[PDB]
Amino acid sequence: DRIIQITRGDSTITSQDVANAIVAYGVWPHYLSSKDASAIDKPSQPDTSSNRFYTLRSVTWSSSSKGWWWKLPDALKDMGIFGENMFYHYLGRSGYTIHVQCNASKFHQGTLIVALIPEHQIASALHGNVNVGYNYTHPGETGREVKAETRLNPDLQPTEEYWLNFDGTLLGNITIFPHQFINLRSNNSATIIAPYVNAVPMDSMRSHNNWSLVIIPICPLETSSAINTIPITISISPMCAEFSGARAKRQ
Amino acid sequence: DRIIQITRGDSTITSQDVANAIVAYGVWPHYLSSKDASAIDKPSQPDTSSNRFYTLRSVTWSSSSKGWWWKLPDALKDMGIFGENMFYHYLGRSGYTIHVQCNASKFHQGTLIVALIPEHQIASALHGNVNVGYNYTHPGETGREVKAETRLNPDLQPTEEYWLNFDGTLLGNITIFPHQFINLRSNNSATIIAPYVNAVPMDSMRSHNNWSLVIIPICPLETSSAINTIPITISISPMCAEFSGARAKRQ
Amino acid sequence: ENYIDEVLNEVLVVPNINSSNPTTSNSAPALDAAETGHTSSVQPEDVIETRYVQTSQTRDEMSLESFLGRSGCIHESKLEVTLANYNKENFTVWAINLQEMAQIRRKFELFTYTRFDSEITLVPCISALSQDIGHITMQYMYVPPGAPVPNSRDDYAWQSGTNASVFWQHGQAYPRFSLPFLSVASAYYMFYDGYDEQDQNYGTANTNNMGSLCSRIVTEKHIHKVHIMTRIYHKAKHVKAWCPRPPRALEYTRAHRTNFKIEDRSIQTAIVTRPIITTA
Amino acid sequence: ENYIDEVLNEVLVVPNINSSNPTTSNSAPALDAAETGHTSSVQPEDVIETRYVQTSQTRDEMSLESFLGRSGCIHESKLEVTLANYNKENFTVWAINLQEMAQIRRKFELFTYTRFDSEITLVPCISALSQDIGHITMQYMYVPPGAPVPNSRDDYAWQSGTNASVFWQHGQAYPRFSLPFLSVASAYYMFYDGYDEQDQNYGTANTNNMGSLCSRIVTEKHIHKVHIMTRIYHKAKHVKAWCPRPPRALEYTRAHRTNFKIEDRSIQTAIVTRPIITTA
Amino acid sequence: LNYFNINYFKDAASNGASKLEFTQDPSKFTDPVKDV
Amino acid sequence: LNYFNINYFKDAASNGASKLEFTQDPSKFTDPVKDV
Amino acid sequence: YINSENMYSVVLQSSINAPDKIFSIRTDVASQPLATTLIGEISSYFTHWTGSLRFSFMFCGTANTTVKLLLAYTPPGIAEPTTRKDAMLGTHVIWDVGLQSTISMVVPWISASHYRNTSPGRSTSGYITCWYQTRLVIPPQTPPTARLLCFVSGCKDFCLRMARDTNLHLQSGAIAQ
Ligand SMILES: CCOc1noc2cc(OCCC3CCN(c4ccc(C)nn4)CC3)ccc12
Ligand SMILES: CCOc1noc2cc(OCCC3CCN(c4ccc(C)nn4)CC3)ccc12
């Protein structure tokens with residue numbers, strides 16, 4: 001009963017220590033209905049070739065790591081058919097199952113917060129008339145590390161202040177967002193299912209990110225073990241993904 | 001009643017002088033049934049994003065032109081979602097509506113044969129132990145012109161003998177294949193609908209071409225007009241296209 | 001009622017010609033457009049005043065089963081028997097094709113795909129090169145893809161533990177046996193517009209690989225030099241075929257390829273030239 | 001309704017693949033413990049979203065009866081005929097084993113115990129060493145344990161008063177006959193973990209002793225030197241077997257023993273080496 | 001009159017030549033007609 | 001259609017190949033289950 | 001490792017933090033390495049191939065050792081996947097080692113034609129490739145390296161046809177009486 005198996009595509013995920021799973025905002029993902037629709041063309045629904053688990057490049061968690069984030073649909077930009085479907089149409093909508101995985105030993109301790117936050121509009125790094133540049137909120141699968149270094153082009157950079165949720169809001173009220181905690185003594189995986197959420201029936205996969213996945217460790221990773229450094233891996237599967245207004249491929 | 005309008009995708013074609021239309025082998029295209037199937041995974045059926053009219057680069061018909069051919073699915077290699085779906089899976093199956101278009105004046109005369117032939121395995125240009133090279137039967141949207149020139153790599157080339165149907169068979173028995181004639185005094189368009197046809201439920205879109213479209217003029221284009229040279233254009237729409245065994249993209 | 005109707009060979013009948021009358025009308029059945037890709041619908045009675053004739057003729061013989069259902073030679077294997085310790089040699093191997101003899105090849109190549117069970121019939125003949133013959137027994141073993149291929153008159157594979165072998169000895173009548181339709185797909189491919197995984201070997205080469213027919217002389221070392229020529233014959237039973245193609249116009253060059261070109265020879269169809277078109 | 005269903009070879013069918021759907025649950029069918037000695041229960045539909053496919057395939061050919069029910073060579077007896085008063089010699093004797101020819105031996109050794117009736121088929125061939133052959137008749141007699149064993153082409157035992165003998169003469173077709181399952185126990189032993197009363201001869205040696213197959217040339221003294229090689233073939237009919245064992249991995253050394261070791265030769269399985277395991 | 005036929009063998013393929021059944025076109029070669 | 005079969009001989013063993021009867025496992029190789 | 005028992009296990013390292021391949025296998029069943037196995041040897045007695053294959057994996061490491069692996073079957077018409085991304089785009093199972101040692105994944109029968117050849121030689125049935133989803137993590141004072149075992153069987157799906165002699169065994173000399 002701490003087991004979970006989720007099958008999505010041709011893909012199946014397994015975890016032997018999980019804490020339940022969370023369904024965002026209490027609503028399971030669905031295809032867009034006739035009542036709510038706007039775009040009058042027939043959507044394209046790739047089904048199994050699209051709604052499947054895409055797993056991104058892993059990140060490394062150390063004694064020093066103070067947080068990371070990714071943006072969706074962005075992180076999936078280059079992933080398979082979901083990716084290609086993303087730039088061939090104006091519009092798309094999708095829900096996701098997000099499965100974050102980090103394992104350790106009964107001899108390590110650490111705690112991650114895994115939050116999926118809607119319309120996460122982050123804050124500029126500096127004062128005055130700056131904003132954030134397109135490229136910096138569209139990292140692809142690699143995401144943003146919080147780095148103490150000085151950076152390329154700072155007037156365009158986002159704040160590195162993670163305990164401010166990057167948005168100028170207190171971390172630790174970060175809960176009213178769909179979330180789980182990965183706490184090594186207790187679990188191993190985190191799992192979140194989300195429905196499309198947006199004030200419009202379908203939006204641009206290119207110019208707008210509906211969700212941001214942000215994981216910042218609120219309990220620092222401590223061990224006496226030889227492996228004092230462990231990977232966190234993100235796999236996310238789109239669900240009920242549909243696209244419309246097809247044209248040529250945007251670059 | 002010589003009018004035709006065929007709508008496929010977001011695409012609609014129109015022709016005001018056509019001769020009926022032909023359905024290949026008397027069978028309309030369909031999706032692959034449970035009884036006939038082999039591959040046990042759920043196919044992906046792009047619907048409107050895939051089954052739509054793709055129109056290729058046009059060719060020029062002159063006093064000297066002795067013929068041309070294209071191969072399917074090959075010609076669609078680079079076309080939109082049908083293309084991309086082609087290399088992301090092992091297997092695919094599709095039917096097509098082929099619409100060949102050439103217009104002129106009541107003051108021109110000429111006659112084309114438009115034939116869609118199944119498993120058109122062409123013949124090597126020279127004698128002895130030659131065969132035809134992959135690249136030469138996979139031209140993409142440009143197709144093969146019959147050219148009287150000497151060619152790059154001749155041991156790998158296909159025959160240029162068009163009146164031999166390229167296969168060592170008499171042109172003019174070329175009829176037992178689904179076909180129409182474009183004859184300028186009479187029509188303007190040719191239209192052919194074909195069902196999947198193959199001795200297997202789905203095959204490799206990459207290594208096997210189910211159909212070849214071949215148009216060779218059996219009546220030479222004559223005019224007293226200033227425009228003594230006219231274009232032929234091919235548009236073809238896949239129909240009930242499905243793919244399975246998805247993996248990464250073959251190059 | 002079909003033990004009878006096919007004993008005089010009458011199921012599958014040809015229509016009668018009806019009487020016809022002088023036509024005067026806006027209906028022009030003789031006038032169509034062949035541009036449609038459709039063959040004309042006109043019948044004798046449409047363009048000429050015809051009498052009533054009751055047609056007794058029959059299409060039975062024209063059926064796919066009648067046409068493919070006659071055996072013809074698909075391979076000739078000559079075994080020249082040497083005595084150089086006799087065991088190092090003296091075996092046939094043949095990769096199995098309908099493609100090496102033109103007469104049956106042309107017939108099946110009338111269609112794109114074909115499906116049927118096969119009746120193989122053997123006609124072995126011993127050409128005697130010594131004063132005599134003695135007792136010649138032969139073995140023919142079918143060696144499907146992957147089965148161990150015999151490398152010597154010797155080797156274990158003629159044990160034929162699970163393979164099918166058939167034996168012939170001088171004076172025994174022509175061996176025969178049946179095969180079930182063997183393809184891995186729904187039909188055999190007479191033509192293939194594709195290549196292998198390696199993007200090579202265009203054509204039928206890829207499709208039907210039946211493995212090989214292997215022959216050996218089984219009688220142990222002896223003194224008479226002989227040659228054994230076993231000719232292989234093939235009837236199609238239980239037949240369907242699809243997608244008729246035009247018939248091969250030119251001599252066959254090579255198996256599994258449509259190549260027609262030949263060295264220092266004009267390319268020659270079966271059409272025959274006239275002096276002038278106003279004279280037949 | 002079973003004259004029909006087995007004429008197209010359809011009794012014994014393979015299950016269909018059902019459609020399957022995205023799973024999210026505490027039920028982990030992919031997760032088991034192979035420590036139990038139990039093979040996993042997982043099916044395609046459990047770990048992947050599958051479509052409905054109606055499976056027409058058939059296990060008939062995979063039945064024990066299909067697999068053992070093909071004849072293959074179990075012995076080759078050569079009779080070199082001498083004329084040194086002709087009666088002192090010129091007979092085969094063979095102790096009867098399925099164990100001297102590897103191909104069928106490997107198959108039956110797939111099981112620990114086997115039971116079945118046998119069809120023995122003979123393929124005699126006369127190798128002519130003189131200018132000619134003449135009239136060769138042969139006799140094959142089954143000589144069960146305890147029956148008098150012939151010591152000369154001569155001796156009375158070919159009278160075959162109660163024994164079974166079968167005759168072949170040149171030009172006659174391949175002899176054949178059937179045997180009823182002959183063991184003294186409920187099944188034949190393919191392997192035996194025990195010895196004789198004397199604590200000797202480990203293995204199958206002890207179990208199945210069928211006695212011997214004895215051959216003689218029966219035609220009386222004559223002038224042509226010949227060799228006669230009669231090959232013995234064996235089909236299993238009416239078969240059951242129990243307790244499958246892993247298949248023989250190495251060449252066979254000796255009959256009735258599992259000994260695999262060979263002199264001055266590396267011990268060689270059929271496995272094939274790779275350079276490195278990250279590449280196939 | 002008429003004639004006698006039994007199959008003597010266990011397998012489909014052993015059986016002799018098949019019986020004939022009507023041409024029953026459909027006209028799919030000569031007239032595959034989209035509007036008839 | 002179907003096919004004809006008679007046994008021409010007095011002894012069991014003379015008879016030809018046996019008929020096939022269902023796999024009907026029980027799962028005794030794959031799952032010999034002491035608590036199922 | 002050839003004639004030992006070690007031919008039958010693969011070794012995992014705590015030394016590696018990375019998306020590294022561990023091993024790969026041709027998926028055709030009469031193929032090497034799997035020809036030697038029950039299902040292979042038997043398939044090798046027929047010329048025709050079809051069904052789904054069940055690959056089960058048992059983790060033999062310390063009770064306190066943990067890893068997450070990716071197991072992937074990449075269907076034919078493409079090359080053996082060279083990277084984790086490339087592999088994962090196909091049919092896969094992410095396996096989490098925990099109380100139950102074992103996991104079974106399956107390569108669906110996915111193929112052009114209803115049957116395949118047991119000795120294809122040029123054509124492939126696809127590959128199965130094993131990678132590191134995370135890393136092999138260990139406590140203090142426990143072996144740094146852990147082994148992994150691999151099994152095959154057929155599913156309800158599976159069938160063979162056209163019986164032929166086996167290619168995995170031969171008779172060189174004569175057999176002693
Ligand atoms: C112990 C006896 O074994 C045999 N002796 O002679 C034999 C002959 C055999 O083939 C049967 C007829 C087959 C030939 C294969 N063939 C094809 C297939 C594809 C193409 C493109 N062209 N021809 C289709 C029908 C099989 C076995 C034996
Ligand atoms: C006048 C003809 O007499 C015979 N000619 O050739 C013959 C062949 C005969 O054996 C029939 C098959 C038997 C062989 C004995 N065999 C076994 C038994 C145990 C083991 C461990 N391995 N093989 C089981 C089946 C019997 C009689 C004749």
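Numbered from 1 within each chain, the chains take letters A, B, ... in sequence-line order. We show just part of the entry here, counting contacts only within that part. Because only heavy atoms are used, hydrogens play no part in the values below, and waters and symmetry mates are left out as well, while side chains stay in. Order of appearance sets the numbers: ligands from 1, and atoms from 1 within every ligand.
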### Task
Tell me the drug found at ligand 1.
BTA798
### Query
Per the PDB entry, what is the name of the chain that shares the largest number of close contacts with BTA798 (ligand 1)?
Protein VP1
### Task
Name the other chains in heavy-atom contact with BTA798 (ligand 1) below 4.0 Å.
C
### Task
Write out the binding site of BTA798 (ligand 1) as chain and residue number, heavy atoms closer than 4.0 Å.
C:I96, C:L98, C:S118, C:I120, C:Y140, C:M141, C:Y142, C:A164, C:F177, C:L179, C:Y188, C:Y189, C:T204, C:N208, C:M210, C:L213, C:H234
### Query
What species name appears in the entry as the source of chain C?
Human rhinovirus 2
